[PDB]
Peer 1: 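Looking at a complex of dihydrotestosterone and Androgen receptor here.
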Amino acid sequence: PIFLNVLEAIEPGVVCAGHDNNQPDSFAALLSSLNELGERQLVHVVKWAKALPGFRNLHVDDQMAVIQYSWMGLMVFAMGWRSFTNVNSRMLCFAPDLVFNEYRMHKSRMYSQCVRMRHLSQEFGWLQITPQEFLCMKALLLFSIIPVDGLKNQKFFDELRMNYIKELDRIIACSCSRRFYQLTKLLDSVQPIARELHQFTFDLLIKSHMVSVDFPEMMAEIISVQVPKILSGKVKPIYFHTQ
Ligand SMILES: C[C@]12CCC(=O)C[C@@H]1CC[C@@H]1[C@@H]2CC[C@]2(C)[C@@H](O)CC[C@@H]12
């Protein structure tokens, strides 16, 4: 069980948003706190990804690219699992110091996207996803979004993605076929949610000065440089099933 030992060992711990819960639940304060959480989580996502089995097999340029394409889905999927585990998906647990209730969902101007994130969180309960299945599915999310014109070394990526699909199947083999259908469907469902949030954050970055929303340095870079490749169709999710 080397592979699972590794995924358990490298799993990031708790990250706080730094949100001042004393201030009013305004759009500006909530989204500025979410952006800071994003910057703080990205540090952990990079360190995690670089530690995954096989990741250093990819070209160095491909290593950064897959992180910068996949972070939104990785972070939403992990938040959905934290929300399930902490509060049975009742609220969205972005961080211990930034839990969205109904009011914050409305004030954030993301109510509909939050509804979809809550549905994803609830699937963890409905499907009785185990921690092992969660860890293997989250690793596969890293290898689920790539440029249409290919990566620098596409073959190395294809081999690695194949290996993570095999590991997900092995975890299931510990019926089997039905479970695999369910888990791949759940993985695909993260992508449309990530696309909605990519569009929202891109639009918010462009108008950020007008609405007093702060974007930290790495977030502003990734959202203006890499996110538009996704929104313009140059970088696309790899779906299991026909959409
Ligand atoms: C990835 C984050 C932050 C980390 C997390 O737990 C999930 C969450 C999903 C919404 C994202 C947010 C980062 C900041 C974004 C991108 C905002 O600009 C708009 C939507 C936010």
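Chain A is numbered as in the PDB entry; the shown residues are, in order, 672-845, 852-920. Just follow the structure's listing: the first ligand is 1, and inside any ligand the first atom is 1. Reckoned from all heavy atoms, side chains included, excluding hydrogens, waters and symmetry mates.
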Peer 1: Identify the binding-site residues of dihydrotestosterone (ligand 1) using a heavy-atom cut-off of 4.0 Å.
Peer 2: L702, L705, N706, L708, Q712, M743, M746, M750, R753, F765, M781, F877, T878, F892, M896
Peer 1: Regarding dihydrotestosterone (ligand 1), does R753 bring an N or O atom to under 3.5 Å of one of the ligand's N or O atoms?
Peer 2: yes
Peer 1: For atom 4 (C) of dihydrotestosterone (ligand 1), what's the nearest protein heavy atom and its distance?
Peer 2: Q712 OE1, 3.4 Å
Peer 1: Filter the residues UniProt lists as binding 17beta-hydroxy-5alpha-androstan-3-one in chain A to those having a heavy atom under 4.0 Å from dihydrotestosterone (ligand 1).
Peer 2: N706, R753, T878
Peer 1: Most of the residues of chain A in contact with dihydrotestosterone (ligand 1) belong to what UniProt domain?
Peer 2: NR LBD
Peer 1: For atom 13 (C) of dihydrotestosterone (ligand 1), what is the closest protein heavy atom, and at what distance to 0.1 Å?
Peer 2: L705 O, 3.4 Å
Peer 1: Name the residue and atom at the far end of the covalent bond from dihydrotestosterone (ligand 1), if one is modeled.
Peer 2: none
Peer 1: Which of the numbered atoms in dihydrotestosterone (ligand 1) are under 4.0 angstrom from any heavy atom belonging to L702?
Peer 2: 17 (C), 19 (C)
Peer 1: Give the residue and atom name of whichever protein heavy atom lies nearest to atom 9 (C) of dihydrotestosterone (ligand 1), and the separation in Å to one decimal.
Peer 2: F765 CE2, 3.9 Å
Peer 1: Which of the numbered atoms in dihydrotestosterone (ligand 1) are below 4.0 angstrom from a heavy atom of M896?
Peer 2: 13 (C), 14 (C)
